[PDB]
Chemist: 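Here it is, the structure in full.
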Amino acid sequence: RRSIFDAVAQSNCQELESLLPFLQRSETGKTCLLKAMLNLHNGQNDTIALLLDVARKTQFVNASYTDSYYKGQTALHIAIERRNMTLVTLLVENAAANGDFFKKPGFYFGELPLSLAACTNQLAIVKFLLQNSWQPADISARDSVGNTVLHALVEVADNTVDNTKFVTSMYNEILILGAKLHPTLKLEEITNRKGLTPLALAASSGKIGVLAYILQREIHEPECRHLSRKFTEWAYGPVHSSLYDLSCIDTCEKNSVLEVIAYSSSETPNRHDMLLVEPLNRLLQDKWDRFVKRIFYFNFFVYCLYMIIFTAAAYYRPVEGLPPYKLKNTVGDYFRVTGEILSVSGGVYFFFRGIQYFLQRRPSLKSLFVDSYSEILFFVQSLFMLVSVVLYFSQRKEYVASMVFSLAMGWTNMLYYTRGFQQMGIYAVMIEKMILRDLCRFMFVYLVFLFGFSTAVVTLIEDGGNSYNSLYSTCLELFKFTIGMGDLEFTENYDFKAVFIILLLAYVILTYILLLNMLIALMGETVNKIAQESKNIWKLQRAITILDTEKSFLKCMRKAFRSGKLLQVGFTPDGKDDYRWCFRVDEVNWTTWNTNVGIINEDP
Amino acid sequence: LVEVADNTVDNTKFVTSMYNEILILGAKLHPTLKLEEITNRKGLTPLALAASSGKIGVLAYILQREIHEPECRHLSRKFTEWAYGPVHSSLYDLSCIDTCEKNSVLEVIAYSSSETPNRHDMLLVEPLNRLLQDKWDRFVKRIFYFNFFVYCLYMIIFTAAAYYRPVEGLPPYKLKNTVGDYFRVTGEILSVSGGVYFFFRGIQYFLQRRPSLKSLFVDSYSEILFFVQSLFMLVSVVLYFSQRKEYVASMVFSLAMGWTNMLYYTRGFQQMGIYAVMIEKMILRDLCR
Amino acid sequence: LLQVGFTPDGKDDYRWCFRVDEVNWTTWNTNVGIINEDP
Ligand SMILES: C=C(C)[C@]12C[C@@H](C)[C@@]34O[C@](Cc5ccccc5)(O[C@@H]1[C@@H]3C=C(COC(=O)Cc1ccc(O)c(OC)c1)C[C@]1(O)C(=O)C(C)=C[C@@H]41)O2
Ligand SMILES: C=C(C)[C@]12C[C@@H](C)[C@@]34O[C@](Cc5ccccc5)(O[C@@H]1[C@@H]3C=C(COC(=O)Cc1ccc(O)c(OC)c1)C[C@]1(O)C(=O)C(C)=C[C@@H]41)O2
């Protein structure tokens, strides 16, 4: 064994030739062929052919490494990786890499020779394997996870421009070849174990390039034209109207692309930019303009009424006695009690809606305050209302201490409804983001400074006065300096006036002049950085609003409000009458001058 | 060759190319001799000299250089452990980047007196940033957080003991059998011990580094502030045991400084470390004018 | 501590290395000198 391995590594067949007659007369698992293939330089491994001939003259071709790390690897995989067309053909003429190296430091390409060839830019080897006379590869085969070659191609994509160009081109080539070989089979419809298709997988994983390619792709070849999603309804001059498939973009049995993009947990790289693709933005705008805007405005109006009733009923709360408060025959009492009942009902409604959302989505802690700010705020207001009810019926007077907070939250939650308008939706987005990010840092630093100087000042004071020798009072008096209401001499119970005035001046210069102006500068810089990002965040928020409204209204009319019209785009390869729910859009282009064919309809 | 380099793009290309050529020829003629190991009178090697003088181009060339020629391959620092497809894992030498007998590159870059042109950008080279992040994640983060926690405890004890200072009489204040007096005296002892500790640490730093006056407030802001707080504490002690009531006039200042020194510990976090950096720089530059 | 090759006179060039991975689509595998046979 050692001598054979040494001869194979040395690329010398003299020792192997001498030992062959002797053999005839007489943890890893690597075979002689695998070792020869691995230890090959510039195709200098010549012992492979002799070893294969000897093995045939004496099952060895399929020998594979048995190690869990490299389980399943064979000579064909090594040849394919090495980019040896001749060696690959020779090995094929005369499996799945399940090893941990090839599972989801490692490289994932699927677990089939066809997938490995497809993911590596060896198109010729893909073609040869697909139409190899000795043995053709199975285009529809799936690995352990269930990914096909198309799933593997989607997984490989990393949004790099060259990588995107590759993955899209190879996807198109494999699609066309698969259609040519097996017209009946629908390759894209296949799903992996998780249940996602290549399009759904691309939308879920954030691969914007693959999604953009798939959504709007046209194959002009008459041989394979049904493998397209964007057609051309007609064209007269520089004007032409086209269609988009919208097959599983609007409503799909498993999961549509819109809801996969919108309901992503923000771990997806670029959810915000994934809705700018050609069909999706226009589809969302169509849904907004058609039937969602009126429902949104009605919801806003009803919330306004609820808040007005809540404010009126809380303003006129009974003040004399202890809760609960017995009813009175006066009409005012009846109206007040009606207001309280309506407020409590609204609180319960929001409580249940928040619980429903948190169960359905199961957000993680990190993304809880980054993707569900509005839901958290509404749920917290409902929680305050319910605590207020519990205290009120427990003969406690602290219920008001809860109620007011809820009431305050109520009004400040009206900003949620500013997402129906672009220019105010962006303003609310910036308010949210600044509150989340900047104020935490600013307040940590501010409180460090304030507490340090308040402790120093109250230590200096001796109260011997107005009992200013209190930490709370000194903290409040030093905080007043920040809001332009600070008295420089608010006490005289100190033995040393110079120390007191020096401390106050230092605090004023360090916080009022330095920290606050620095915060102004940082807010200005942040406004510039996120001028465009806020627009994308607002668009995502409105898209989620549209999806929620449509899902809620599905009960009233599940399929009545469907986007796009059913149209015939051509004939199927086997039958005819290729009917699909298309979404027409027009376009005008002076430069190119009408040079194309395939206009579905004769007359514009 | 290192001395000649002036960080110009053409100059850098020259100096690196000639360095490589001379290295290869020297290896061919005299394989046994290790040319780079030689040092000048000051004791620096070409790599250490490049790191010290701020020559970022020469440092970047030296740190990550591979000579594929089989004749002279050991004259390389960045290898290639393996490669399967578009994925490959490589290695870096780290010979005298982490620990060196004379002076490692990391400590030469970090402990430079800011006269070096571009200390700040010299840590972005391929091995150094990842090496520092590895050290942070592995064993330094926990010690930093423990130090922050202990400083928080010290500051809380100091604040509590200074808040309840005796007000009637003249120092020193005789002890009382009450438990509150025992706790207060324990707080004072702990505060004084912390002040002495920071005093000695500041003296140690200033002796080891010997900063110049110009760079004193540009490279050792935190050290100066901690030393000044310790100085205030010691002056407070001296006045307190001299039967003077002005010790409080010192103590409070120290106390104030104490809390505002917590910002030193915001460098364990990027987004607040940058904020503290800007506070420092603005205080130094803009407010004077 | 890892072995990176053989010294010009002796052998077993051992040094304290710091491994890092890299991924690159564009260039397509064209080099030699991989220290280890198997990834
Ligand atoms: C859950 C969180 C973060 C939060 C809950 C409450 C207590 C809140 O204080 C904060 C912390 C705070 C405290 C003081 C000033 C700023 C922030 O911020 C919000 C939270 C911050 C707001 C600011 O107003 C808004 O953000 C409205 C709003 C903006 C964007 C939205 O998409 C939105 O949809 C619901 C609502 C107002 C309060 O909710 C309010 O009215 C009360 C009494 C305190 C504010 O805690
Ligand atoms: C050595 C110097 C420059 C200094 C020492 C003290 C007296 C200081 O005033 C200054 C001058 C001054 C006075 C008033 C306003 C701004 C600046 O600035 C600092 C110095 C300025 C600060 C500002 O807070 C900080 O800078 C905290 C800090 C930031 C960055 C750090 O890396 C850091 O590490 C220790 C600490 C607070 C004081 O130290 C403080 O608490 C007291 C009572 C006065 C401030 O002199």
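Reminder, nothing fancy here: chain letters follow the sequence lines and each chain counts from 1. Only heavy atoms go into these numbers, but all of them, side chains included; no hydrogens, no water, no symmetry mates. Displayed portion only: the contact tally does not extend beyond what is shown. For ligands, and for the atoms within them, numbers begin at 1 and follow the listed sequence.
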Chemist: Select the option from zosurabalpin, naquotinib, resiniferatoxin, milbemycin oxime, irinotecan that matches the molecule at ligand 2.
Modeler: resiniferatoxin
Chemist: List the other chains with a heavy atom under 4.0 Å from resiniferatoxin (ligand 2).
Modeler: A, B
Chemist: State which residues lie within 4.0 Å of resiniferatoxin (ligand 2), judged on heavy atoms.
Modeler: A:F449, A:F453, A:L510, B:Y221, B:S222, B:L225, B:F226, B:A256, B:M257, B:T260, B:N261, B:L263, B:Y264, B:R267, B:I283
Chemist: Of the residues in chain B that UniProt says bind resiniferatoxin, which have any non-hydrogen atom under 4.0 Å from resiniferatoxin (ligand 2)?
Modeler: B:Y221, B:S222, B:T260, B:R267
